[PDB]
Number of protein chains: 2
Amino acid sequence: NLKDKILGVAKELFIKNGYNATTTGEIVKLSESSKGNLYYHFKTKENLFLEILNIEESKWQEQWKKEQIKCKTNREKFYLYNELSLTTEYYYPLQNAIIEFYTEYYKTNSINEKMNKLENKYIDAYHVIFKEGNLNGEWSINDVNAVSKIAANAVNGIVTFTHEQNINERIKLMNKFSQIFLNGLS
Amino acid sequence: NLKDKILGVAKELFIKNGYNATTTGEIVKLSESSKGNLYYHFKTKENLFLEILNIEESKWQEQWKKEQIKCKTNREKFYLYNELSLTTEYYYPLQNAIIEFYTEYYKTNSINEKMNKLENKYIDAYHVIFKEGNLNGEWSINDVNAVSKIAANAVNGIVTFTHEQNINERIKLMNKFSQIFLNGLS
Ligand SMILES: Nc1ccc2cc3ccc(N)cc3nc2c1
C-alpha cells in the first residue's frame, strides 16, 4: 500500500527517535513518496502523527476486548488492563513522542481538542470497567469519569516511567497499584 | 565557582533555547571559561546537563524539607507533595529542556543509569512519608519501597498526561487520587 506504508514508516521513526527528531524528509527516503503525497491524506505533520495515535489507540482497544474475556469480574478486568498495558505493542510505546509533541504544540489551539477527543478513547476502558462494576455491585463509584481519568493517567505513568527495570518488576508493581487503587474505591 | 558560573550560565541557556539548541561554545564564552575547563568538569554536554538536574533535585529537596513543616501528619504530607508536584511543573523553567533531554537520551544505559539515581531521589520523599507514616500508625505498609515507587510514578503520570485540562480540574483530580490511594492502604 502507500497511504498505509507511510503511516507505518512514521510510527517506527516516531518510536525509535522522537516526534521532532523524525522529519517528513526522513519518512520519505524509507517510504518512497513525493513530499506532496504526504499532503493530501495528511495535512500537517501533527496530522500524520495525530493520525497514528488514533490507529494505535484503536488497535489497542481492540486487542483488549478480544482479551478481557479472560477476566470474569471487572475487578479482574481492571487488574488485567493495567498488566496488559505493560506488554502490548500498541499506543503506549508512543507515550514518549506524545509527551514531546504536546510540548511543541500546546501553544496552538487545534491541540487541546484532538489531544482531548482522543483522551475519551484512552479512558473509555476504565469508564466501562468502572460503570459496569457499579452496575454489578463490585464497588460504588460516584465520580466515574474522575476515577477513570485518574486511573488511566496513573497507569500510563507506571507503564511509562519505569520503562527499563526488568519487565517482571513492572508487572509486580502494576498489580500492587491495581490492588491499592481498588481497595481505595470501596 | 567558575564551575558554578558554568552551571549557572548553562542552566539559563538551557531554559531559553532548550537542550539540543544550546552549544558548549555559548556556555564557554558566556561563562568566560574554556572548552578545556568545561571538559574537565563535565566531559560532555549531556553530563553537564545531568549535573544541573542534580543541583535542581537538591534545591527541590531543600525546598520540600521546608515546605513540609506545613503538613503536620504524613497523610497531609502525601496530599501536599502531590499537589506541589503538579502545580510547580506548570511553571518549571527547565521542564522543556528536560523533556527534550529524556526523549532523546533514554536509550543510552550510562545516561539512563544516572537518571535513575536521580529519579530515586525523588522517590525517597515518598519513601520517607510512608516509613514515617508507619511509625505513627497513620497506615500500615510492609512494602514501603513498592508503594513509594508506585505513588511516584502514578503521580507523575497524573502530572504529565493531563496538561489539556484547566489547572483547577487537575488539582481536583490529583487530590482525589491522593484520597483513593491513601484510602486503599487500610
Ligand atoms: N528530572 C527532573 C530532575 C530534577 C527536577 C527538579 C525539579 C524541581 C522543581 C520542579 N518543579 C520540577 C522539577 N523537576 C525535575 C525533574
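Chains: lettered A, B, ... by order of sequence lines. To match the PDB entry, the residue numbers of chain A are left as they are there, and the shown ones run 2-187. Chain B is numbered as in the PDB entry; shown residues: 2-187, in order. Counting starts at 1 for both ligands and their atoms, in listed order.
- According to the PDB, the drug located at ligand 1 is proflavine.
- The main partner of proflavine (ligand 1) in this structure, judged by heavy-atom pairs under 4.5 Å and named as in the PDB entry, is Transcriptional regulator qacR.
- Counting only non-hydrogen atoms, chains lying under 4.0 Å from proflavine (ligand 1): B.
- The set of residues with a heavy atom less than 4.0 Å from proflavine (ligand 1) is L54(B), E57(B), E58(B), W61(B), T89(B), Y93(B), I99(B), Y103(B).
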